[PDB]
S.K.: 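I'd like to talk through a structure of ibuprofen bound to Lactotransferrin.
Each residue takes its place number in the sequence, starting with 1. Note that ligands are numbered from 1 as they come in the structure, with each ligand's atoms numbered from 1 the same way. Values below: all heavy atoms of this structure, side chains included; hydrogens, waters and symmetry mates excluded.
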Amino acid sequence: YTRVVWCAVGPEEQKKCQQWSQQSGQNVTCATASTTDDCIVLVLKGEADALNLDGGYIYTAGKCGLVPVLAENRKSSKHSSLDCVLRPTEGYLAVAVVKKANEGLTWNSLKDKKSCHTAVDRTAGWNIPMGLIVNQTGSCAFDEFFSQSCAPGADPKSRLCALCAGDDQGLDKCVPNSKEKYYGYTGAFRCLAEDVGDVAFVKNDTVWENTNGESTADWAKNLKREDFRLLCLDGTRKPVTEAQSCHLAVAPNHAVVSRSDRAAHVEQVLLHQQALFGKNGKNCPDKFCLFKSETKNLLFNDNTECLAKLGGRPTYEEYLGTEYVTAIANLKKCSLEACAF
Ligand SMILES: *[C@@H]1O[C@H](CO)[C@@H](O[C@@H]2O[C@H](CO)[C@@H](O[C@@H]3O[C@H](CO)[C@@H](O)[C@H](O)[C@@H]3O)[C@H](O)[C@H]2NC(C)=O)[C@H](O)[C@H]1NC(C)=O
Ligand SMILES: *[C@@H]1O[C@H](CO)[C@@H](O[C@@H]2O[C@H](CO)[C@@H](O)[C@H](O)[C@H]2NC(C)=O)[C@H](O)[C@H]1NC(C)=O
Ligand SMILES: *[C@@H]1O[C@H](CO)[C@@H](O[C@@H]2O[C@H](CO)[C@@H](O)[C@H](O)[C@H]2NC(C)=O)[C@H](O)[C@H]1NC(C)=O
Ligand SMILES: CC(C)Cc1ccc([C@H](C)C(=O)O)cc1
Ligand SMILES: [Fe+3]
Ligand SMILES: [Zn+2]
Ligand SMILES: [Zn+2]
């Protein structure tokens, strides 16, 4: 059935998509929206087929009837010569990161500091750290906990957007797409590295990928792992090598979602597209790589080894788990079941 329309979020994902579209022979084409929620509406209307989503957005989409199709999978220590496509996903570690030089900042003294978040509604950037903090303060006024924030996706006039920079020209401040300089895993870690915020809520991988030479980006060239600490829930501070034992939670991997009636077809095309543009793919290193965009995580995370079949044919609830779903239900109370569209 066998053409797929991919939904790109913002102009740089559009660029990368049009490139993929060309190389694929128009087997994949591109719709673009300004936000993930908008791409979710395109999918429901049937005007696009699929896009890859963080867990907090798999929640939104799943209430509207969309279904997990294929999950991002990275380099697992355990689970050895099992083919990547069939290997269970591990999850990723959500962490809070601070500068070592900012002595005496711990989980217990976050109040009134400056924070950097991936975007409103994302797992490691928003849902986990704010669900914890609402639980802890027994208060729904998360908008008043940090003194200033960059939380792309909140009111550009509020203090939740005060730290956001916008694009090259200072436009589009606090849009939840990669035009916002501090958007996403990479933008929130940048927000911290340049000392705009005191704390970044990212995942474990982000600190490694942008330190000790792994990046090459001008802001990240000189960043050293030993210059950062993770904040643990018991009040302590650990080197970034201790994430197994100092994280806020383990997150379900980003996954491709589609409308249930398109799922089989979307799944077939993507297995064949990764055969060509994935890690060992026929055409990757030389014509086109799907999982590469210079640390920008465009369409897919740059560390993705493959897209993996699911097994258990899970619903979105089962995919996310009862642990994670009740956390979001509870947090959403502050802002009991319906498609928000
Ligand atoms: C913030 O606090 C709320 C309220 O405590 C957390 O939601 C609550 O989560 C618990 C445990 O995950 C749910 O209870 C039960 O857990 C046992 C353990 O296996 C299980 O056997 C039961 O099936 C049940 O799920 C409980 O429903 C839920 N409570 C309410 C009133 O909603 C939430 O996890 C916390 N937020 C974060 C992000 O930490
Ligand atoms: C565009 O899509 C079609 C359908 O998948 C591809 O044409 C098929 O290629 C497969 C695998 O190489 C063959 O075994 C089929 O017999 C072909 N026929 C069909 C189903 O039409 C084509 O490979 C795709 N093009 C690119 C460059 O990605
Ligand atoms: C935190 O993230 C880093 C970055 O992904 C993980 O380290 C990588 O681990 C794989 C094998 O598991 C190695 O092949 C890579 O060379 C490592 N990458 C880098 C950039 O150093 C690390 O394992 C994660 N830590 C935990 C505890 O999950
Ligand atoms: C660790 C992460 C990748 C996911 C994860 C955790 C639990 C479950 C089951 C269905 C559940 O917790 O309800 C599924 C997936
Ligand atoms: Fe995420
Ligand atoms: Zn844990
Ligand atoms: Zn099931």
S.K.: Is it possible to name all ligands or chains that make up ibuprofen, including repeats?
M.R.: ligand 4
S.K.: Report the binding site of ibuprofen (ligand 4) using a heavy-atom cut-off of 4.0 Å.
M.R.: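 The binding site of ibuprofen (ligand 4) (heavy atoms) is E90, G91, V250, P252, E318, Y319, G321, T322.
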S.K.: Help me out: which other ligands and ions are under 4.0 Å from ibuprofen (ligand 4)?
M.R.: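 Looking at distances below 4.0 Å, I see none.
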S.K.: For ibuprofen (ligand 4), which atoms sit closer than 4.0 Å to a heavy atom of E90?
M.R.: 1 (C), 3 (C)
S.K.: Can you sort out which atoms of ibuprofen (ligand 4) are near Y319, meaning under 4.0 Å from one of its heavy atoms?
M.R.: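 Going through ibuprofen (ligand 4) atom by atom, the ones under 4.0 Å from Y319 are 15 (C).
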S.K.: Which atoms from ibuprofen (ligand 4) have a heavy atom of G91 less than 4.0 Å away?
M.R.: 3 (C)
S.K.: So if I count the atoms of ibuprofen (ligand 4) from 1 in the order they appear, which ones are less than 4.0 Å from some heavy atom of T322?
M.R.: 11 (C), 12 (O), 13 (O)
S.K.: Which UniProt domain of chain A lines most of the contact region for ibuprofen (ligand 4)?
M.R.: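 That's UniProt domain Transferrin-like 2.
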S.K.: Give the source organism of chain A as stated in the entry.
M.R.: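 Per the PDB, the source organism is Bos taurus.
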S.K.: Under 3.5 Å between any N/O of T89 and any N/O of ibuprofen (ligand 4): does that happen in this structure?
M.R.: no
S.K.: Using a 4.0 Å cutoff against the non-hydrogen atoms of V250, which atoms of ibuprofen (ligand 4) qualify?
M.R.: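 Atoms satisfying the 4.0 Å criterion: 1 (C).
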S.K.: Which protein non-hydrogen atom lies closest to atom 14 (C) of ibuprofen (ligand 4), naming both residue and atom, and how far is it?
M.R.: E318 O, 3.4 Å
S.K.: Can you report which non-hydrogen protein atom sits closest to atom 7 (C) of ibuprofen (ligand 4), along with the distance?
M.R.: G321 CA, 4.2 Å
S.K.: Show the distances, to 0.1 Å, for all pairs joining an N/O atom of ibuprofen (ligand 4) and a protein N/O atom that are shorter than 3.5 Å, listing one pair per line.
M.R.:
unit_1               : atom_1 : unit_2 : atom_2 : d
ibuprofen (ligand 4) : 13 (O) : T322   : N      : 3.2
ibuprofen (ligand 4) : 13 (O) : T322   : OG1    : 3.3

